Asks: 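Dumping the structure here so I can ask a few things about it.
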Amino acid sequence: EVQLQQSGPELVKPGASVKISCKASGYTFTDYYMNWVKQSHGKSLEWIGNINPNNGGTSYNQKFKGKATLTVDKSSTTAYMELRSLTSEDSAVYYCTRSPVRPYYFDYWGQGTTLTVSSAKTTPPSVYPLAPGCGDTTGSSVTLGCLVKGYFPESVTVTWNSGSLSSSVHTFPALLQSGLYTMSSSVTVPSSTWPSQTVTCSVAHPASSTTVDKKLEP
Amino acid sequence: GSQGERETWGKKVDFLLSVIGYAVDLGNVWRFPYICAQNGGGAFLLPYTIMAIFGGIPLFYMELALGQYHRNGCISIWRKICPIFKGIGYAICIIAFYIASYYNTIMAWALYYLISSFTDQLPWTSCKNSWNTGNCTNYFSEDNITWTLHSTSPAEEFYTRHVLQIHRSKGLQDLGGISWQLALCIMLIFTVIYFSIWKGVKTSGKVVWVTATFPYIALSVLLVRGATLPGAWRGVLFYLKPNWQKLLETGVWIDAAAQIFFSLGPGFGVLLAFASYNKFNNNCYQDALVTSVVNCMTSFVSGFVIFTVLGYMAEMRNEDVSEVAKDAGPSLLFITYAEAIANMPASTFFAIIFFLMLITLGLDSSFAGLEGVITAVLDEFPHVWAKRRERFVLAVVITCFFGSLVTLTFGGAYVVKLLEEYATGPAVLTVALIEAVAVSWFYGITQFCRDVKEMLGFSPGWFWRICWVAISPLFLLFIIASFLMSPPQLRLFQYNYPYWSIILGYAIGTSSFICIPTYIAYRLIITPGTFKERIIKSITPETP
Amino acid sequence: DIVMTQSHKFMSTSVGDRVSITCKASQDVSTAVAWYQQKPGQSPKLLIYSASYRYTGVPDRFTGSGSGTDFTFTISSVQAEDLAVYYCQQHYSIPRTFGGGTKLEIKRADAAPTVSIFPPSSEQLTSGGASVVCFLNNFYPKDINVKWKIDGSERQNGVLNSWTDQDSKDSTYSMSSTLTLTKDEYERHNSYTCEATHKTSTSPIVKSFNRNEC
Ligand SMILES: CC(C)CCC[C@@H](C)[C@H]1CC[C@H]2[C@@H]3CC=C4C[C@@H](O)CC[C@]4(C)[C@H]3CC[C@]12C
Ligand SMILES: Fc1ccc([C@@H]2CCNC[C@H]2COc2ccc3c(c2)OCO3)cc1
Ligand SMILES: *[C@@H]1O[C@H](CO)[C@@H](O)[C@H](O)[C@H]1NC(C)=O
Ligand SMILES: *[C@@H]1O[C@H](CO)[C@@H](O)[C@H](O)[C@H]1NC(C)=O
Ligand SMILES: [Cl-]
Ligand code: NA
């Protein structure tokens, strides 16, 4: 139905510029204001500004005046947001959200765009299989894991067997240290499917465009 | 012998209410509350009054004083003061024409509304009409409704697709043809001013009795009406909330100066003409003082009259009245305010007295507007004129009709803006500036104080003196420079005017000004002797 | 401008209980407040618009009330999947501002933490490193102590604790205790032990393994 597909994550050096797209679909694109909301880590939502797709009627925020530039294309129904003079504060998640003129609510949002502003080198993640020992007591359920060590930025995705199944997967948040992140993943699966069948964790790092798959071995 | 001395006013109150009638118009109603609530809110009162005291009042009283003292027209008074600036009287005559081309079309709109308000159910309430689109969405209709960029209200649809039919024009380029209804409306207007001006000050002074008193009544009714409305405190809050930081803006003062000037309109020769037909013994100082204080206070209460209803309208919707008050102009009264009074009990009443109030506001101002020019030409071409007054009045009026034919078009509204912003404003300021400088410097402010000293019996204060010598020409000079420096990109109804419009505007701005330097050239070219001799005799007034 | 203030950054409730989040605005707003529900890792979802009106696709258990400055978002039957951060937002004056955000934490009965210790893989030993892991799954509340023991001695250096957010199914927190060490130091010790102290029981849960090929 109504979908707002934004662009992927971006790692950019301070002082440079960055552009974010927003492919809108499922509705009449010219019938609604296109807004952009900023969300800092652990902070609240922050309205950057809107734009009228008809004539490019941009209405910015005083806090973002000269900081953000909204554009629009009707030929492909896609709204863009450009940012210049990038700092550490701009390192936040950005959403493009549809809104009527009245009442001015944000009915449909985008999936989000993770922006990281740092001069730190793009570091590939180290994937190390976290398997239980051979001396452990096999109970009604076995917990497995996969370790991701030393990568940048926080853009990473750990999947398990093409997302089937994952009804008991505990994913642990990334921790930052010495300019590199480190996270871990776990999954609780019964003992009647291990080590009989095949279980493999997939670690994907979009910023470095890498994908390492590791199968668990006892 | 024969005619000789000119006629006089039938009563003091007649011409008092007459100049009050001229002073008060549309702009007093919607212009001042907008520019006020926009520029620092209530704090806007602080510079506005100043620009009045230091700027508006001195020009006003000077114009009036010259008028009652010399008893001459806008052209003939320069013959006996500074002949070279006689062209001033001509310039105004052109200016007024440019003003009379759009000013009465607005009243024609209000008249179309007035005659369209006799129906039990007002047209701009429903969407089931012959001019509404599929975008037309109205109330007493399904709730939860969510407005769309392309959606349009039945009032906006009514004003847009019917009385204006502005959708039938692509802009200034293609605006034809003519909406004959507004032609009949403005024809009726030219008729009702024709029968209110043709005889002179005797009739005008009596029609003004109605045209100048009724607007206050209607403002009182809409005042007590808007006050009893729920959530009306929002518009008043937004209207008088002090934003002293906005006083730091160098612009606001300009807005205030321009506002008070163009709502008092001194040096336009109309006040001169209205003052011409009065007693020499009669005082005019008190007159000017109070009179001004009326155009102004009237504006102040008009602010409440508008923003109470705008507040209620912002209450039925969702607040930030500024949003419901984004667009300033004819749309504020003809769309927002009309749609606002539409959702009120006995809406036919408030509608009729509302648009009737608009017409009633424009009528008197128009009376005086033509009256000044007519008086000017009659006094300039006496005997050569006055065979009948209805002849010349008929001529200038039908001339104003043919002038308004460009404005009666579909894109006419466009022109209304183009003429209101580009043409008139800068020039009048200019001719007012030249006039003030010519009376204060050329004629000598000393001899002027001697004339007032012979008029009222006492010489005018040093305050008025320093105001006339310096403060007032600086007051006009300010608005002149600020205007020229920043000509306005102007927009109307989701349509930005072409880049070249200003050029066109400047034409309309200069086509009225070309007469005075060419008249100076005609005088200095005709006057024998040397430049200092001919210019010295041209600086010196008529001996007889 | 307008300041939307959510005085309570956190609010505790239980499954099935009646919860209500407040929202304070700078000035009078009449009935122009919208409530959004942002689940961890998802985009903000519109629930309420214009104080009381619900948006399409929003369950009956979500309601809104208030008119003026103080506004209230009410949930009668809190579910496990209702775990999210709720924001309130004004929609009348430019610019549109949001509330600070009220994170809704779910209160339930205590749960025993399933602890599982993990030995360094060969792939990590090849690189020259060795990290002993200690998973703590399905427990409540968040407050829990984790103590490490390399060889009976309390290890405190090189320990990183990572708490996840609450669960959307059983509402149970889960954390990971990581002990990163070098290969040389790893091959000089045998039986590793990680223990956890929770309020569920006085006796800490102790997990241990041997380096000598498990
Ligand atoms: C009253 C008289 C003296 C004013 C004439 C001044 C002339 C030069 C001005 C007035 C109106 C102006 C025109 C207004 C309309 C258009 C159409 C546009 O597609 C090209 C510009 C153009 C062609 C302008 C050119 C300049 C213009 C012709
Ligand atoms: F340029 C300016 C001319 C006149 C003003 C006046 C200021 C005070 N209130 C009335 C304003 C307009 O009055 C009219 C109405 C019809 C007219 C007219 C003037 O001239 C010929 O046709 C302001 C500015
Ligand atoms: C509604 O307006 C849009 C543009 O404002 C227009 O394209 C559309 O045709 C209109 N709808 C109808 C039914 O005319
Ligand atoms: C509420 O209004 C929107 C406007 O787009 C409409 O799509 C929706 O159907 C309305 N709700 C209901 C229940 O009809
Ligand atoms: Cl005023
Ligand atoms: Na006026």
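One letter per chain, A onward, in the order of the sequence lines. Since chain A takes its numbers from the PDB entry, the residues it shows come out as 20-237. Residues displayed in chain B correspond, in order, to the PDB entry positions 74-617. All chain C residue numbers match the PDB entry; in order, they span 21-234. For ligands, and for the atoms within them, numbers begin at 1 and follow the listed sequence.
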Asks: At ligand 2, which drug or drug candidate appears?
Replies: paroxetine
Asks: Mind checking which chain paroxetine touches most? I'd like its name from UniProt.
Replies: Sodium-dependent serotonin transporter
Asks: Any idea which other chains have a non-hydrogen atom closer than 4.0 Å to paroxetine?
Replies: B
Asks: Which of the Na(+)-binding residues recorded by UniProt for chain B place a non-hydrogen atom closer than 4.0 Å to paroxetine?
Replies: B:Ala96, B:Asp98, B:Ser336, B:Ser438
Asks: Enumerate the UniProt transmembrane segments of chain B, N terminus first, having a heavy atom under 4.0 Å from paroxetine.
Replies: 1, 3, 6, 8, 10
Asks: Using 4.0 Å as the cut-off, what other ligands and ions neighbour paroxetine?
Replies: ligand 6 (sodium ion)
Asks: Could you help me figure out which residues touch paroxetine at a heavy-atom cut-off of 4.0 Å?
Replies: B:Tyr95, B:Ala96, B:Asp98, B:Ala169, B:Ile172, B:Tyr176, B:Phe335, B:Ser336, B:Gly338, B:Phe341, B:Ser438, B:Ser439, B:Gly442, B:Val501
